[PDB]
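Presented below is an entry in which one can find GC376 (bound form).
The order of the sequence lines fixes the chain letters, beginning with A. We're sticking with the PDB entry numbering for chain A, so the shown stretch reads 1-304, in order. Residue numbering in chain B adheres to the PDB entry, whereby the residues present occupy positions 1-304 in order. How was it done? The header gives X-ray crystallography, 2.0 Å. Just so you know, ligand 1 is whichever comes first in the structure, and atom 1 is the first atom listed for that ligand.
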Number of protein chains: 2
Amino acid sequence: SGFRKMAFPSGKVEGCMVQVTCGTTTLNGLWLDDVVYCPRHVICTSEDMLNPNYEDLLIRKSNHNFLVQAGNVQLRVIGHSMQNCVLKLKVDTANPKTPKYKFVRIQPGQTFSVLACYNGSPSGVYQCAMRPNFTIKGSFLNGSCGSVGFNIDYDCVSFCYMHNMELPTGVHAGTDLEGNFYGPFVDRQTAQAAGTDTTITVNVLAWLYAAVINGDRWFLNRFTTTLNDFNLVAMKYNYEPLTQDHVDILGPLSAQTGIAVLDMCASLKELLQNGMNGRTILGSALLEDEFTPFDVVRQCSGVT
Amino acid sequence: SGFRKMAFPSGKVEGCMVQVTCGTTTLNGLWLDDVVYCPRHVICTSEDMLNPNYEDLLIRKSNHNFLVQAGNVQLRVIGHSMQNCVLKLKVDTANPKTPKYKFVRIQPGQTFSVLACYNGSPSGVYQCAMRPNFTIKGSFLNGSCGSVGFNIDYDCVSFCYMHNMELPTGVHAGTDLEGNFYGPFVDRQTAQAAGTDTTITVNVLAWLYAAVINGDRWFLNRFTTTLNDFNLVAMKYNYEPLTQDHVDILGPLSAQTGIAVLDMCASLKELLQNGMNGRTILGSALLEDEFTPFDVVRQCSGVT
Ligand SMILES: *[C@H](O)[C@H](C[C@@H]1CCNC1=O)NC(=O)[C@H](CC(C)C)NC(=O)OCc1ccccc1
Ligand SMILES: *[C@H](O)[C@H](C[C@@H]1CCNC1=O)NC(=O)[C@H](CC(C)C)NC(=O)OCc1ccccc1
């Protein structure tokens, strides 16, 4: 029993982290086959960062201007190209620790593990959701850029995130491994707005299922509701509208617990309308939306 | 910016996990040099578990009765010994992936990362505190025993925990790597009581410091207090009494933020006496006690 914000084991990603230095700027790179991926803003001086012309800045750089270091080992750069907001440095050496991997553009509401790195060395690992407004609630200091978010599927590492910047609200923004930002953000040191941040309804429901499975049942009420009725209440509280697809995804959890999704919806509506009255669910005094239905079933069936 | 429940990178511990099978029972083992460590209750049948005589049960077992598997690789067992509640299986092969390591008996209030495993394969990683009552609030299913808790100090893995059992309250109990239980627990399937579970005051203070550092300052009040006065209020709310040692440990955080420990104590007293009035601190609606002062300074200075 017990339910915990659980990260993927980080060993296969640790083996891909390198240090990328261009002039004074140092951040983390991802070393897969003979290509090192990092944020293109490694080429910026603190001045460039206010409104950089990446095209013009990159032209003053050649392969020898990119210092790539794995442990104490200095890699030889034999090619450089800019793809959106990612720099790809061709190196003479294929990473002998390259896991089986894919690049995936993850959907809002899905989760992933962040391996927070500095100077190409791992610091720690934590689970994040891609929020509806394409930000994450991370822990990132200077030097953390190039740190990556990933899922593991048995042997296959799926990289989905590369850390780039912190917004004025203190939340975090980054790119997929093709260098395309999640959300409307650009890699320049200007004030940038994430949209209103809405709660991931299907994830809140999964976590209430997770709680029921763990013997927290107090919030279970005598009521039911419909999607429209519930969605009226969802809109009021900035919850994402629930859909039959969301119901279908919860099916396994519904069928395991024997609690109809719309009954759980009625429970959530009363939680949302009355608060928790100083009570807690799975050791939290707020409704948690950073667990997917998959996250719940993995942790509850002991997937490795 | 940002503050997250962060686990250590798990790569060095992943390389030490093996599968130990005795008869039908399978759990995880830790493979360091030519010794595999696992819970001695691997030798129990479901019947034995109610009141096992480990001495008599172990005597019916020889080296060939211990099936040790690393990946698809079957290790040869050339020796077995019981040390408290741990079985040490001597194997013919030294683990070529053995990290630099120590066995440490960790203090209550200190934190560690758990690499949750099944069949010797990693499932995920999360941070736990050893509670004052020598239990942890984990996520552990059947097969999870042998899963270990550890800290990393640069190159050195410090193993402190090996998972053994879940108590009726749904919290978790285990041994150090010498097989000595944390707390009054024994490895038998009987009802066992952890003591009253008290809050780790020094950790709550570190986290309020963590919050101030992250721009959450609302709870900062105009009051101060003394240790005795504060400790009167601590006893009332089942907080561990605060000591000059605890103050000295917070010194760095106090000196960084410019907020006296006793002023922060006065803030905590009002939080404890008035609750949070529906407000949140670092995205929590409860006072968090599973961050040590070290945890806060590591995450805030980007230690790797
Ligand atoms: C990459 O290492 C860095 C990560 C920032 C630093 C502090 N917390 C983060 O997430 N990214 C940047 O510095 C980024 C570079 C621009 C070219 C996009 N700029 C940025 O994030 O500005 C906001 C900020 C900078 C420094 C401290 C706090 C916030
Ligand atoms: C080790 O794999 C297992 C871990 C339990 C299983 C479910 N959650 C856990 O932490 N440990 C035991 O099964 C342990 C063996 C005794 C000889 C100590 N017994 C135990 O934990 O009893 C409580 C329990 C058993 C099964 C399910 C739920 C609770």
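- Contact analysis gives the chain with most pairs under 4.5 Å to GC376 (bound form, ligand 1) as the one the PDB entry calls 3C-like proteinase nsp5.
- The residue-level binding site of GC376 (bound form, ligand 1) (heavy-atom cut-off 4.0 Å) is A/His41, A/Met49, A/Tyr54, A/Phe140, A/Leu141, A/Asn142, A/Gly143, A/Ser144, A/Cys145, A/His163, A/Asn164, A/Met165, A/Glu166, A/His172, A/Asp187, A/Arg188, B/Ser1.
- Here's the thing with A/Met49: none of its N/O atoms is less than 3.5 angstrom from an N/O atom of GC376 (bound form, ligand 1).
- Looking at atom 19 (N) of GC376 (bound form, ligand 1), its nearest protein heavy atom turns out to be A/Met165 CB, 4.3 Å.
- Between A/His163 and GC376 (bound form, ligand 1), a contact under 3.5 Å exists for at least one N or O pair.
- Shortest contact from atom 9 (C) of GC376 (bound form, ligand 1) to any protein heavy atom: A/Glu166 CB, 3.6 Å.
- Atom 2 (O) of GC376 (bound form, ligand 1) has as its closest protein heavy atom A/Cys145 SG, 2.8 Å.
- The distance from GC376 (bound form, ligand 1) to the heavy atoms of A/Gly143 drops below 4.0 Å at these ligand atoms: 2 (O).
- Taking distance alone, with nitrogen or oxygen atoms compared against 3.5 Å, A/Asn164 approaches GC376 (bound form, ligand 1) more closely than that limit.
- Ranking the protein heavy atoms by distance from atom 27 (C) of GC376 (bound form, ligand 1) puts A/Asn142 OD1, 4.4 Å first.
- Chain A: most residues in contact with GC376 (bound form, ligand 1) are in UniProt domain Peptidase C30.
- As modeled, a covalent bond connects GC376 (bound form, ligand 1) with A/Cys145 SG.
- Looking at A/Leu141 next to GC376 (bound form, ligand 1), no N or O pair under 3.5 Å apart turns up.
- Less than 4.0 angstrom separates atom 13 (O) of GC376 (bound form, ligand 1) from none of the non-hydrogen atoms of the protein.
- Within GC376 (bound form, ligand 1), the atoms closer than 4.0 Å to a non-hydrogen atom of A/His172 are 10 (O), numbered from 1 in the order shown.
- The closest protein non-hydrogen atom to atom 25 (C) of GC376 (bound form, ligand 1) is A/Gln189 NE2, 4.3 Å.
- Counting only non-hydrogen atoms and rounding to 1 Å, the UniProt active-site residue of chain A nearest GC376 (bound form, ligand 1) is A/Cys145, 2 Å.
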